[PDB]
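Quick look at a structure containing darunavir.
Lettering of chains follows the sequences in order, A, B, ..., and the numbering in each one begins at 1. The figures here come from the full heavy-atom set of this structure, side chains too, leaving out hydrogens, waters and symmetry mates. Start at 1 and go down the list; that is how both ligands and their atoms are numbered.
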There are 2 protein chains.
Amino acid sequence: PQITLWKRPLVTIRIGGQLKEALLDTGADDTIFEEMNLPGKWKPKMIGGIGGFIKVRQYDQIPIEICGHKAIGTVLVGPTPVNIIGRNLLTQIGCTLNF
Amino acid sequence: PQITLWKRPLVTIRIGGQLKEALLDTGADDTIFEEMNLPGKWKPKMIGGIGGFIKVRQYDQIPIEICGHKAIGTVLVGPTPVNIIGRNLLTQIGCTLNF
Ligand SMILES: CC(C)CN(C[C@@H](O)[C@H](Cc1ccccc1)NC(=O)O[C@H]1CO[C@H]2OCC[C@H]21)S(=O)(=O)c1ccc(N)cc1
């Protein structure tokens with residue numbers, strides 16, 4: 001799709017068979033979801049944003065479907081204000097900025 | 001232009017006698033720049049993201065030039081680690097997400 005930016009670019013995603021809303025976020029290097037259960041091993045990690053650093057759980061090679069487009073990559077779980085799809089997955093679905 | 005997302009979407013912007021690098025950020029509601037001393041009236045504000053909140057000054061009707069495209073609107077100023085062009089100005093320069 002072509003998505004304009006008068007509203008937040010929130011899209012429904014499928015992750016672990018569950019539907020969630022997430023923000024397409026070109027200023028995020030990484031993908032972070034609010035607290036949820038994901039299967040398999042995770043690695044403790046820390047990441048920084050505008051307001052400081054947080055601790056997250058890093059899950060590798062997680063399939064996610066974003067508006068019907070498949071990605072498989074790293075998903076962090078931690079105290080983000082909203083679920084965010086970052087460039088690690090936006091690149092996999094072929095997303096670009098255009099003006 | 002078309003900007004891919006393999007790397008951070010940093011572009012040159014002009015805000016006064018300052019040429020700066022800023023992130024084209026679909027996950028940011030409003031433009032926020034690193035500490036600088038802009039002219040007019042303003043309003044204190046707190047903006048939140050990963051790690052918590054920062055205090056900023058909100059300035060209105062500030063003209064900026066983004067890759068040669070003119071914009072004019074709200075610019076927040078505060079201790080952000082990265083200059084960010086948010087949706088408030090991305091819309092004005094005709095920027096969309098496409099996949
Ligand atoms: C978390 C988002 C809902 C909101 N943020 C914009 C977001 O794009 C920031 C923008 C950003 C970019 C770099 C540094 C700080 C903030 N990215 C971010 O936090 O990404 C994190 C996940 O991937 C990592 O890569 C970048 C930081 C990590 S925000 O910076 O907090 C923000 C919030 C409000 C406004 N008006 C402007 C910006």
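Structurally, the main neighbour of darunavir is the chain that the PDB entry identifies as aspartyl protease. In this entry, the other chains with a heavy atom less than 4.0 Å from darunavir are A, B.
The residues lying within 4.0 Å of darunavir, counted on heavy atoms, are A:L23, A:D25, A:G27, A:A28, A:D29, A:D30, A:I32, A:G48, A:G49, A:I50, A:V82, B:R8, B:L23, B:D25, B:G27, B:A28, B:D30, B:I32, B:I47, B:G48, B:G49, B:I50, B:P81, B:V82, B:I84.
Closest to atom 33 (C) of darunavir among all protein heavy atoms lies B:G48 O, 3.6 Å. Nearest non-hydrogen protein atom to atom 6 (C) of darunavir is B:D25 OD2, 3.3 Å.
Of all atoms in darunavir, listed by their number and element, those nearer than 4.0 Å to a heavy atom of A:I32 are 22 (C).
The atoms of darunavir that sit less than 4.0 Å from any heavy atom of B:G49 are 31 (O).
Regarding atom 24 (C) of darunavir, its nearest protein heavy-atom neighbour is A:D29 N, 3.6 Å. Residue contacts with darunavir: B:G27 is placed with no nitrogen or oxygen under 3.5 Å of a nitrogen or oxygen of the ligand (distance criterion only). Atom 13 (C) of darunavir has its closest protein heavy atom at B:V82 CG2, 3.9 Å.
Darunavir places these atoms under 4.0 Å from at least one heavy atom of B:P81: 14 (C), 15 (C). For atom 32 (C) of darunavir, the closest heavy atom belonging to the protein is A:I50 CD1, 4.1 Å. Here the protein heavy atom with the shortest distance to atom 35 (C) of darunavir is B:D30 O, 3.7 Å. From the protein, the heavy atom lying nearest to atom 38 (C) of darunavir is B:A28 CB, 3.7 Å.
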